[PDB]
Amino acid sequence: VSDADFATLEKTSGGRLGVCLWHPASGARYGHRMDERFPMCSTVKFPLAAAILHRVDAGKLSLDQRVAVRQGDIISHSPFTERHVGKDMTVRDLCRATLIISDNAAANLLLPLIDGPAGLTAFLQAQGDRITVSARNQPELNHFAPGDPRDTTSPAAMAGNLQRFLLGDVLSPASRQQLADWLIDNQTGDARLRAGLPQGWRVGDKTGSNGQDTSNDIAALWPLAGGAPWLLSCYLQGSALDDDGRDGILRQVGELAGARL
Ligand SMILES: *C(=O)[C@@H](NC(=O)[C@H](N)c1ccccc1)[C@@H]1N[C@@H](C(=O)O)C(C)(C)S1
């Protein structure tokens, strides 16, 4: 209900908590460290998917075109792409895999279609996000050092990107609704913002974790009653809490946001 509540939550969070709760239709905004840089981790996959869909909308790409999968493409935590070595996958299926289960090789196979991390960054800049910097592919995009902006975003920037790509018309209506359905089908966020959020809200989200001290969760919140959605951007970096502990913080971020709805 206030900015103070998130700053208080940070104290028990173990590290650096960044939260942006934003209601574009009213201009309401709440959070904490909303303009500081945080490692994106796997949340970079959300702008990656939007960049792909934008190129599809422009006719420079097809969701039905197929990308070849080679053994050298496979890296850790790639549950769908590892089954297609020696054949190909549609771009649409690559997008879905990287989004809803965080297929890492899927991300690496999509990136060259939008000219890699520099191409992702240029897309974000053209669309209005001048903070987010996408520099490396997987797994090294999960590296973070303070003062090193590579593969970082800010809670405000990523809430902005949720608004641009899901709510504005950066994307065609078919693309923006497919992107939404992918977030709604996310498989990795059940213990995170969703677990704290109140009944009556449809959640689409995308998560990330470095497995040691960082967990991120970005979400769109549509009222099932219909009406104007909220965006919720959460980055927890350098926490003493492990993944389950950081899940508990993300859950509590959902509980605070839920009271202000
Ligand atoms: C993106 O952040 C991905 N994270 C990793 O690949 C890490 N190396 C990793 C951390 C913990 C367990 C396994 C791998 C994917 N997003 C994470 C998440 O959303 O929690 C993931 C575990 C689903 S993998």
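Chain A is numbered as in the PDB entry, which gives 29-238, 240-290 for the residues shown. Read the numbers this way: they start at 1 and go in the same order the structure lists the ligands and their atoms.
- Found at ligand 1 is the drug ampicillin (open form).
- The largest share of close contacts with ampicillin (open form, ligand 1) comes from the chain named in the PDB entry as Beta-lactamase.
- Residues with a heavy atom within 4.0 Å of ampicillin (open form, ligand 1): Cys69, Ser70, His105, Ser130, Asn132, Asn170, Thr216, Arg220, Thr235, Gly236, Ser237, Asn238, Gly240.
- Going by the entry, the organism behind chain A is Stenotrophomonas sp. KCTC 12332.
- The presence of a protein heavy atom under 4.0 Å from atom 14 (C) of ampicillin (open form, ligand 1) is ruled out.
- Considering backbone and side-chain N/O atoms, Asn238 never comes within less than 3.5 Å of an N/O atom of ampicillin (open form, ligand 1).
- For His105, no nitrogen or oxygen atom sits less than 3.5 Å from a nitrogen or oxygen atom of ampicillin (open form, ligand 1), counting backbone and side chain alike.
- Using a 4.0 Å threshold on non-hydrogen atoms, atom 8 (N) of ampicillin (open form, ligand 1) does not count as touching the protein.
- Considering backbone and side-chain atoms alike, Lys73 places every N or O at 3.5 Å or more from each N or O of ampicillin (open form, ligand 1).
- In this PDB entry, the covalent tether of ampicillin (open form, ligand 1) is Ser70 OG.
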